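Structure note - oxacillin (bound form) present.
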Amino acid sequence: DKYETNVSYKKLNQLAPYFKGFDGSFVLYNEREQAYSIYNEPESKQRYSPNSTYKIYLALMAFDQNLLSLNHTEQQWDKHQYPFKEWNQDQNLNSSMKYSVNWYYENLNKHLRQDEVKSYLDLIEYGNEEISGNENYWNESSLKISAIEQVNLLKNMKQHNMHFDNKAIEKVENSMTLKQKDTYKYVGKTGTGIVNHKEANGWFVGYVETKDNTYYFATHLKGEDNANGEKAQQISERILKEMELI
Ligand SMILES: *C(=O)[C@@H](NC(=O)c1c(-c2ccccc2)noc1C)[C@@H]1N[C@@H](C(=O)O)C(C)(C)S1
């Protein structure tokens, strides 16, 4: 599925070497100039399972539904042993996001009404809005979003155009804050998805907020293997340093 937009963008073709091994895309939005820059425009419109980057909105939804309160984000670990040790304990919003603990977000979804969620995705324009596929519709399932839409949503959230509480947004933003300096705030969320037993869907979405601007971005990777959140973030970090933002 494909996101249709005839928005203008600066071409970022010389980012191609960063995507060696991948069908990848990089979208930047410059809040002040109100301007997109894109490596690989066709790939920037292709919709893919957002995977773990969906946790961001799943969190905003749980807040809005008073499923999460500002001083109540803690969830009990039910004692199931996972392949990654960070998951094998109680979590709060911050840790759940830092370690990408799926069960935290699967509990959030389990307690939201599918129809409230459908309504949210309609409001926020979350890609194809297909949550019909399975229970974990955001994991290599029916729900798909493009790198450019990932940027539009972050921008819309941060410019308070989503009907979510400002403190809800602040909490969610804090949970994905990777670096906090005098001169910038650096926020992001990774995503990995497996198809055909290979890491084939890599996301890193976020933004850098400086003292006079905010540069929202999304990097997406598609490839035979090693297309993962970590690689996507590594690629994004290189690109962002080279534009001199991080
Ligand atoms: C979100 O994307 C989560 N991903 C998965 O559950 C997942 C994986 C997977 C691949 C490799 C290792 C662990 C899980 N394959 O398909 C899916 C749907 C979690 N977030 C990821 C991230 O990149 O931030 C992980 C790798 C931490 S798991």
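Chain A residue numbers are taken from the PDB entry; in order, the displayed residues are 340-585. So how was this one determined? The header says X-ray crystallography, 2.4 Å. Order of listing sets the numbers, starting from 1, for every ligand and every atom in it.
What binds oxacillin (bound form) most in this entry is, by the naming of the PDB entry, Methicillin resistance mecR1 protein. On a distance-only criterion, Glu479 and oxacillin (bound form) share no N/O pair closer than 3.5 Å.
The structure places a covalent bond from oxacillin (bound form) onto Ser391 OG. For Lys528, the heavy-atom gap to oxacillin (bound form) drops under 4.0 angstrom. Contacts with oxacillin (bound form) closer than 4.0 Å are made by side-chain heavy atoms of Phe423 only, the backbone lying farther away. There is a protein heavy atom closer than 4.0 angstrom to atom 1 (C) of oxacillin (bound form). Counting the atoms of oxacillin (bound form) from 1 in the order shown, those under 4.0 Å from a heavy atom of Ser391 are 1 (C), 2 (O), 3 (C), 4 (N), 19 (C), 20 (N). Taking every heavy atom under 4.0 Å from oxacillin (bound form), one finds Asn390, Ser391, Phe423, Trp426, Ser439, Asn441, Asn478, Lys528, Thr529, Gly530, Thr531, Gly532, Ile533, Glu538, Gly568.
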